[PDB]
Peer 1: 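Pasting in a structure now, in structure tokens, and then I'll have a few things to ask.
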Amino acid sequence: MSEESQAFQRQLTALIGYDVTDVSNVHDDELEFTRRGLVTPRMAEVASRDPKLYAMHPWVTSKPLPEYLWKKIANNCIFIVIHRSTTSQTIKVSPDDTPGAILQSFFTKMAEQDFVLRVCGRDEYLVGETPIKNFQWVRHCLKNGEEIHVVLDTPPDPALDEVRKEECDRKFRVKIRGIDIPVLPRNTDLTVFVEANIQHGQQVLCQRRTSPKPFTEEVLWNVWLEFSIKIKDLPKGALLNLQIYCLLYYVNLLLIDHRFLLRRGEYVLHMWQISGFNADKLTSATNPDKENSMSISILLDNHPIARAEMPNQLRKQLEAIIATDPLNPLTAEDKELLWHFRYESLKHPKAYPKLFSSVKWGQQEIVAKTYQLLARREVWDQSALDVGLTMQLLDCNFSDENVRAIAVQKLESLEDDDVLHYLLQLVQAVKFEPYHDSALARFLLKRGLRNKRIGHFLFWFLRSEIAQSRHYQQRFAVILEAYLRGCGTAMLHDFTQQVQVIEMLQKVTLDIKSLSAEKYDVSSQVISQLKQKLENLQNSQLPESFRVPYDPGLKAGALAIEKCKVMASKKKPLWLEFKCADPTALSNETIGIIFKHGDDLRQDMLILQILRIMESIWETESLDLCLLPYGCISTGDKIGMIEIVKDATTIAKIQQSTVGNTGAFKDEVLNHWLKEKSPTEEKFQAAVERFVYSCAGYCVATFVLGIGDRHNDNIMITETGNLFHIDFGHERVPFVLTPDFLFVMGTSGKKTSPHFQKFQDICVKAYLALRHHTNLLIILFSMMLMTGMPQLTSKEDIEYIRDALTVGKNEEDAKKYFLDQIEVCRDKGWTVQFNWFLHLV
Ligand SMILES: CS(=O)(=O)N1CCN(Cc2cc3nc(-c4cccc5[nH]ncc45)nc(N4CCOCC4)c3s2)CC1
């Protein structure tokens, strides 16, 4: 290789937080073969990407402007403001104008075309052949009541992104030699057996078992388990799933390797324990912790695969099946129907998930007939993209690489606006791929390299998992490495800054927990020991500036040490604030970040992202619900950072105005708080209007996701009336709509009023609107549960959102469901709010 060529890889390992050149936890070479496989997709995308547009990463959309934003234009005229050091004139522009065209109405409007419209304060450019109506920064300014401000400077040089020179009819059988574990002790001794499953997409094709034996630290069976399934009938992607019950341990082994070879030989597999169903149960990875983990020893010595029209009455039976939801389980009668009428079923794209579930993958002939099916894919290829539908073929139920490829094909048609909407959920879906190299993993690689913004979030989503998941770190590390070798040195330098900063601060956060008590208050000497520590970093240690990971436009600078503090709260997070490093920023307002170690933030990532998806859904139907899905990024193990929404206050704090007598509660208080922070009465009604939309948006969203029973303490409001929920780490109430909220709506329980009439109207509007996307939400939820929780009932915890979205019912009933829910909160008032307290003391 080379002296400095290996110094490149030690930079790569530092950003990844894992060494992909390590081979100490492999029993084959799939991971290294995947490093080599991804060189091509990388070099292709890099080689065909526009240098100019890659440097500026214009964030842009082809969707129509919503109805709720053409109301803020009674005149077909939008206001932009071009800047230059001191002075800065304003310019009349029509929504359909272009970056180039408004430069035509600036220079010629004055009485050399190699300048650019960058945004004031950020690294966000208005460029490329798009209308300004169709730029995200512009839609954002219109949405808030802000005015588009812009500075004129030289385009950033493409030179800075340049990339370095790169680098049988025999039945199947397995011998169970035995198991071994250095130490087991609990208290009393039991018996133990090994269960072997041939598995394919959460379908057990076959299952044999050992005789049981006593659970000493070594147990030897020496037994052949003859299976019924024949070798030729083994499908690519099938897993030998070895499990130990007395269900304490599990491990998996792909029966057909990444070169289509039948798996053969002597394996010692180090196994995962079960924490006192989910995506960790599917992994081909073995436990790296070889000193403590349980190990199984096996032997393979077994290569391969090298007219008439329906009666109208069955069609109805078949259509009914196809209509049902992604969780509605299929009977044997239903599957056989689907399969017998394959070709009719292929005419309905929505039937696809249900159809490929009806396939007997445990049979060679039928899989082949299934490949004949996928070969005449005219209707699918021509169908309009359905993200819900496409996602379903990427979940844990589908292990066939061709099935999964027809789904990835549909994704290729997404523009970058929609990729960012689904990116986190597509990164989690790499967990369900049988092989490390996959159409999906490559699709992300390709989309990330093509767009600096997708690239940026693909970095942190990958790194979040690598840091806190032994089950999938090696796979994701290989994928990240591939990204980093093609993202270009501007982005590598950027990440290196970001990784350095957060490593310095997490250090400070862990070092501060320990000097404070397990829990009480915040010491005089502890705010002493926070300021001192950050003064030492600030000088010769911290970058002059780093990219804010949750908002990669914004460049944070030097710390505002006076405003930083440890938080009198759960597990001593740091409230930090930074100066903005861009001197053309039009405000002296700091960037606020919380650093927390203790909670599990991947869950918050996931919930906030589904919340961003609901906003986008409501966009399809002219519905704005003023949600504040604030930034939130997991960076490492049980730890990460959070955006501080400026001017926000906990609802429980507004109730603790005085005393707050261990849980005193009072209807009228919220409304008084709103008038104090609103210098004109005019802005006060703007706040109540904002509170009715926001309260409604967070009510509907929260009912649907089953996270609505919350303390006042985890709900906030801005000075401008924008309500929002926080801290999604996990008698009853479907959601929070307490008497304090209702007095803002001019209604003190058991009445109706103009502002409350809006609230109900908006709620049912929002609720029926999410139901036009029932299959999407069910599948995102089901996946959320599987890749981002503890262990969970693959039927029962998902089955909440069915009943929440009132599946199978007509629209009138559905409204009547939700409207009962509102009146459950108003029939209970404070009962549950007060109840959180009763346990405590
Ligand atoms: C005297 S004190 O300085 O200690 N004071 C006490 C009362 N605090 C109220 C808050 C608690 C809080 N927790 C979180 C959080 C905690 C853990 C996990 C989380 N996931 N998402 C948020 C979040 N995120 C917060 N946000 C997010 C949105 O932007 C405003 C700050 C706030 S604000 C402020 C601090």
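Following the PDB entry, chain A residues are numbered 143-253, 267-322, 357-435, 460-489, 497-522, 525-528, 544-967, 981-1091, in order. Whatever order the structure lists ligands and atoms in, that order sets their numbers, starting from 1. The way this entry was determined, per its header, is X-ray crystallography, 2.8 Å.
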Peer 1: Find the chain in most contact with ligand 1 and give its name from UniProt.
Peer 2: Phosphatidylinositol 4,5-bisphosphate 3-kinase catalytic subunit gamma isoform
Peer 1: What is the PDB name of the drug at ligand 1?
Peer 2: GDC-0941
Peer 1: Around GDC-0941 (ligand 1), which residues have heavy atoms within 4.0 Å?
Peer 2: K802, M804, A805, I831, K833, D836, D841, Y867, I879, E880, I881, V882, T887, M953, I963, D964
Peer 1: Across chain A, in which UniProt domain are most residues that contact GDC-0941 (ligand 1) found?
Peer 2: PI3K/PI4K catalytic
